[PDB]
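Working notes, structure below.
A, B, ... follow the sequence lines: proteins, then strands. Residue 1 opens every chain. Atoms within each ligand, like the ligands themselves, are counted from 1 in listed order. Just so it is clear, the values below take in all heavy atoms, side chains as well, and ignore hydrogens, waters and symmetry mates.
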Amino acid sequence: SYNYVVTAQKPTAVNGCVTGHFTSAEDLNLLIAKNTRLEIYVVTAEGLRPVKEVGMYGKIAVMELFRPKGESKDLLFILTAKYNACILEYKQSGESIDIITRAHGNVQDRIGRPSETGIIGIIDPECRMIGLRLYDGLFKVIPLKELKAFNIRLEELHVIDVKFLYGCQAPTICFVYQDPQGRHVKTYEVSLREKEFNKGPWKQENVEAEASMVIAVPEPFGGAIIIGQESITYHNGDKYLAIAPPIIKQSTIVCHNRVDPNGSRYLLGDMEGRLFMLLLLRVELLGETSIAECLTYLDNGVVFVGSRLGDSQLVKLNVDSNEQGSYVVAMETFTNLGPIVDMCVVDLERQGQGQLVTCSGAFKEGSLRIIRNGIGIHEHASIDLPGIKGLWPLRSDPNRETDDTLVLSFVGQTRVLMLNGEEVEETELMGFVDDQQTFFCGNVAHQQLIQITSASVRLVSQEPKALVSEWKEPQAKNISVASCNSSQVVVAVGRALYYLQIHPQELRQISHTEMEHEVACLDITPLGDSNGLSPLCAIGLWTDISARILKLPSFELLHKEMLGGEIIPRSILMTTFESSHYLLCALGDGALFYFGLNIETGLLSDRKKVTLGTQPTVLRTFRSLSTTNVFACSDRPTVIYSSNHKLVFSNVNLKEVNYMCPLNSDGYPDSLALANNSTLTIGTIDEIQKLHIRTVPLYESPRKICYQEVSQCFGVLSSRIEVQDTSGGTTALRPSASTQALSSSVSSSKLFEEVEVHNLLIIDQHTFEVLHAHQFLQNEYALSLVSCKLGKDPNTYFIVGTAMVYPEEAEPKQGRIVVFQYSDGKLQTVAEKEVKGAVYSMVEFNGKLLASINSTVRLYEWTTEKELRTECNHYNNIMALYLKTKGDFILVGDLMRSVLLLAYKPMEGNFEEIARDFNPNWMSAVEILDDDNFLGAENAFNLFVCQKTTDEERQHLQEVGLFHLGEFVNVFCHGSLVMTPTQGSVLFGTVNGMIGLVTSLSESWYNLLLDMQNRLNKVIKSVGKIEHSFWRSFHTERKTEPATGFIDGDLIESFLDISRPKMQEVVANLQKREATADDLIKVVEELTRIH
Amino acid sequence: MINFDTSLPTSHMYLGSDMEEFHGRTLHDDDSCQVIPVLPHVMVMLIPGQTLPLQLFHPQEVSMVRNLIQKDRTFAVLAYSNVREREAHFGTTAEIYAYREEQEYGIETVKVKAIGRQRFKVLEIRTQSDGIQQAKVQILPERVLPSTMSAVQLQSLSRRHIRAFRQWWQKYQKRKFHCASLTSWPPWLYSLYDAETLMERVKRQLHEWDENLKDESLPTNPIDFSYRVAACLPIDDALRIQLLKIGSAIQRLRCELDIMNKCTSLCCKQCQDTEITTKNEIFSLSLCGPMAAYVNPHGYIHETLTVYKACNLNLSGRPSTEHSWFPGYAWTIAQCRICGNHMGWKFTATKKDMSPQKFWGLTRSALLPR
Ligand SMILES: Nc1cccc2c1CN([C@H]1CCC(=O)NC1=O)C2=O
Ligand SMILES: [Zn+2]
């Protein structure tokens, strides 16, 4: 088995964040760690400026900046989970931005048990060393090229937290440690010249039983602040100050930040999302934020909430409390999909178009996330105007800076619409013709308007509206093609071309030429620092099929590209993306050619083809968020944008667009007038990016999700935390989805202080509103959820697998299988089947219901009497958490990667154990790829694939795929977000918000790409100089085997990104059959289409 | 309360004192292939850590171990799938720790005390001219896994370390597995795979057998603890082999708890239906647990389980102190009332002041958890 794994959506969750002067000793920087990703920013004081976004070959564990003595800016230390240590410097020179490795190595010990409270990466204030607590009972020291390291035997094994003390002649570390006697704070002096530890400056003072964090406080204070559950203590030898505020009792302080560089103000943060200010001791509650993983104070009053459970934030710390009393106000919310605990692919909106709905986030940050491939349009006006052949915005008032007019072209006709705010009205523009189809019109030079029709070129004055000039072809022949800017016009009359200039009350015929063939399309867009005057005319011709760059006014040929084919160019456009000049040429067949253009020579380089529609594409330029874009109108409307100096094409979610133009009116600001075959729509464009994310906050934990088409709704299992009140029940912490349901219901019992309440939510597949909420029983933990039809019955039921959880019980002794019918906006309970265990998983099996009751696998039959009837029972000796199926074969999965294959015998009415595997390792998810293969997520962020003559051979499974993903997969799902090279498609949702795609490959394609990977790795420069082969190596505390049966899609896709002479280097002798660079472009292009 | 010295059985005094002691330890690398001798008359299964007393008197077995002392000091003990057809796919290495040579009655005789070390997989059983076999075996590695949460927590919440202490165990679950919220499983599920948790669930029954147990004696390590517990469970050979295949301490404790809960009544293997004793009568008269391997004067190893009350037993002959495995107690042969199957012995105190005044030493081969 050979598979392909690629990132569909990068990780979104924030793992850590820092502030310093990395880019320049002037610019205030904010560095965000999104696992494998590093986001570098500048604090704009009027926003947040994104400079660069680099990806690494490791999961970031440590990320702290440092400036050792004489340095131009800051040096960044990064330590990966695989112990990849590196020092990175920022390097900028014009448009080129590159991260530079100053020192790198691997600090992993030949032996040792990785410590309980994770990896700790601390730096001496004077930049004298790097302190690492990776293993219990040792202290690794890296003095700040090959990153040389040494250990110091630390006597106190169980270290909670540690920091490098400030104001020291000799480096000192202060750490909270725990022994059987108690939990006490201690100090040690680290000597480099002695390579060992010596007694600390002060005594081993006893601290709070739950003392969790050590805060390194600067001069003139010195010493350390120890944060516990109820107490905040301070130690400095003889100087001691112990405060116990009741305001911090509720939740534990998990993260801090320094506000004043001297050490007088600290930002504290607890697990519930509260924000505290530790003043220098006094604590004050500022307000509520997202559940912060990390906090960063930056500039004046602005704060960055780095969240992992929910959307990250930008918040303001006003000294003035509002009506509610909060000193915290929410500026900007940054989408975080992580964690994805469940998900499903549904054909919402249009069939064939895949959409991904996920159970994302936790607790108050709980939400549903809808991820749709492609940009969207927000409609504001809709007018019935069929068969529009052209659209143009106008400003009838020269004094006004906004559009107040919209000119429409039709078959031998022209209509004019006036925009009186939000009101669109049919009017007539004086000077313009209504009886002729228009090729162009708009605002031109010397406060005038132009109208190019099939008959003439009309120049109209703005005060008053009247005809000033009118150009016609000498023999009164019709204008075929037309291009116009502000001061220039180039028109075609078959083979003939005419160049005119727009002067006051005059259209001046500068030059004219005859072409080799009939003119198909024209463009005179002024590019670069060309003040409204273009010295280039881009032209497409019939029969010879060519894109030609001509010089104005001479009409002299500079370049002629031979497009090839019988299909003639329909649209041609000169454009500028990310300061780079391009030529865009659309063909009648739907194909689009794109090259880079040299403004001086007129040379077309780096020819690239892209298939858009089936219809001839029409290219119109538009400005979105102070950036130039190209809207490609076809039956697959697309936006042509720029990202890392490479053109990106993202589909617009619209059935078809024929013509469009941008409209900035008083009623419709920074809008797009879009036309199809039947109607004119006026609206706004979303964010220009590949995928779209709709956030449906639940304000509670979503756990499981599935879909019912017959009901046009989603079934969602969700839990809310409620505290025990002074009554025989519980009270909520805040309103949430399950509380605020349209119609509410509760389970009726028949079976024999912070509580978790479980609910089945019913959410409409359009609005996403809580139509219904069925609250489960007291102490009932809802586990599995499935939407299916069973037996002979034609009604689709929502089935839930529960478990009765009590603190005394270890393994749930009770559970239910609850059958619900969703009709009349309420859930009718059809069947309540009590089982002697936890219903960990359920699946529809060929018309029956397969469910797992702890260690047993039951098959239930749906009778006429509408009650699930026990058929056959397989007793597994392994807990059946995972339960997946394909035909008459079942997959059983344990948390310890103990897989066993079952098969239901139709004639026998029993289960037959095909093959089993028992390789202890934590398993988080598992999916069936095909009849013989199956994919799973194994411990230490890895993926794997198990495959299927003698009885001993056939009864034992074979591990054919091993891969270090770098992510913790929670869900696998068969589907695709896109409307053959590869076999099948499995999407995966991770803890960090990363979505991925896994597909199958042929023996040949696998080897082709595996060979290509090794070659690509010899070219590509790695951040921190980490070997790709190492990063992808299957890794656990024990074995670290190289990756097998897997292709890194993310590495293979960066072939389309490398320089063309480097592509040539990679393809040189690649292959036996020979491999062309243009062949490998097609193969790799094809693979980018899967997602 | 019991006054008997629970250390006395573990030290195999009947074997005699004044034995040559060996300290030095040999351990073979994991997955490594080794060729180890097998003792022709050992038919029991040894668990790693379990003490195996031997009394050898056959010239070939005597010469074998005599030569063994000069080198490795380790031999292989096979877990027989079919004891009659001498079929074994698994086993454990045994390292000699106590040794003694005697010459008597015209023969050269040797007494050893060995301990289970490393489990193995049988590759081939070659045989020698003198009768003693050799086994090409592959060492099975002990598979140690990190916390279930270790992978999911690479964050700020990491620095949350581990009657009346009932709430401690709930606070422990709530704290340790808090990050289960990031996953698709609840904290109570993760506890079913927590080594510390599963150990406490086992320790719960280990205190029901050892009323005078001090936690200092018990191993902190789940590897040692899972094994110690396996060696004192009165279960059939089919079930013991299944436990020996287990590579993880977690999988083992989970298996052991399952056995411990289903364990109710112990019957006569021969009758199948005659009930002899129950789980409630089981008690640890030794530190090794309620069950241990002991040798009779003819080298036959009887793994005996200590119970306070037994039932369909009939005794024969008068008590004897000769070669007693529990010093201060006299044994008398006990058999099934129905079929006459030798079930073990009734141990009766030789002094009025001893506690317990009587108990039963039942041989696990005679028993059936049916
Ligand atoms: N005397 C004699 C002769 C033949 C077999 C056996 C014995 C004594 N014995 C057992 C009796 C119980 C004990 O505590 N130690 C033993 O050694 C036998 O299994
Ligand atoms: Zn009997």
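Here, the main chain in contact with ligand 1 is recorded in the PDB entry as protein cereblon. In this structure, the drug found at ligand 1 is S-lenalidomide. Other chains with a heavy-atom distance under 4.0 Å to S-lenalidomide are given as B. Within 4.0 Å of S-lenalidomide on heavy-atom distance sit the residues B/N296, B/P297, B/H298, B/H323, B/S324, B/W325, B/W331, B/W345, B/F347.
In chain B, the residues contacting S-lenalidomide fall mostly within the UniProt domain cult.
With a cut-off of 4.0 Å around S-lenalidomide, no other ligands or ions are picked up.
In chain B, S-lenalidomide lies within 4.0 Å of these UniProt (S)-thalidomide-binding residues, judged by heavy atoms: B/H323, B/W325, B/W331.
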